[PDB]
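Here is a PDB entry that includes tacrolimus.
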Amino acid sequence: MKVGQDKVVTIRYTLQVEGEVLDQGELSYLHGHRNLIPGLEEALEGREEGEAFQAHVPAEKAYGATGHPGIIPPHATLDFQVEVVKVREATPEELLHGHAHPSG
Ligand SMILES: C=CC[C@@H]1/C=C(\C)C[C@H](C)C[C@H](OC)[C@H]2O[C@@](O)(C(=O)C(=O)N3CCCC[C@H]3C(=O)O[C@H](/C(C)=C/[C@@H]3CC[C@@H](O)[C@H](OC)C3)[C@H](C)[C@@H](O)CC1=O)[C@H](C)C[C@@H]2OC
Ligand SMILES: [Cl-]
Ligand SMILES: [Zn+2]
Ligand SMILES: [Zn+2]
């Protein structure tokens, strides 16, 4: 099923800024509830389970002028390599809380 509003989505990601890897990992989030930076949620819209893609997110849709000191510099364009690992419906409590819960 496709990534979209009220889906719980699991992604693997690599983050680069100016060709340097800053982070890599995996996470699950509830889509459409401001869990992620808006630029990456936009790029995730309608993606299929199993789909791999790249997203280049301008600072205005990420960490902006401030960045995130210690990780993301000011005015950084974020280059993401993403794999959509899993997509499922959110449970009632996930929807109430506005976040993802583990499955086990
Ligand atoms: C206690 C809470 C910690 C909780 C941490 C986790 C679940 C672990 C999760 C793997 C995050 C990583 O931890 C190793 C690490 O991922 C980064 O390195 C990174 O690659 C990144 O940019 N990602 C992660 C991959 C999805 C896109 C983006 C994101 O949207 O991330 C989201 C994010 C930071 C959004 C902010 C929220 C504040 C807004 O103001 C700001 O708006 C400008 C946008 C993350 C997922 C939050 O939803 C949840 C958290 O924060 C950040 C550079 C710093 C972040 O560590 C903190
Ligand atoms: Cl979440
Ligand atoms: Zn919702
Ligand atoms: Zn909860």
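Residues: numbered from 1 along the sequence shown. Counting starts at 1 for both ligands and their atoms, following the listed order. Computation of the quantities below employed the complete heavy-atom set of this structure, encompassing side-chain atoms and omitting hydrogens, waters and symmetry-equivalent molecules.
Counting all copies, tacrolimus can be found at ligand 1.
Heavy atoms within 4.0 Å of tacrolimus belong to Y13, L15, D23, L27, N35, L36, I37, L40, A62, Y63, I71, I72, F80.
Polar contact check, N35 against tacrolimus: a nitrogen or oxygen pair lies under 3.5 Å apart. Nearest protein heavy-atom neighbour of atom 11 (C) of tacrolimus: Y13 OH, 4.4 Å. Polar contact check, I37 against tacrolimus: a nitrogen or oxygen pair lies under 3.5 Å apart. Nearest protein heavy-atom neighbour of atom 54 (C) of tacrolimus: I71 CD1, 3.8 Å.
With respect to atom 28 (C) of tacrolimus, the closest heavy atom belonging to the protein is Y63 OH, 3.9 Å. Checking atom 52 (C) of tacrolimus against the protein gives a heavy-atom contact under 4.0 Å.
Closer than 4.0 Å to atom 48 (O) of tacrolimus lies at least one heavy atom of the protein.
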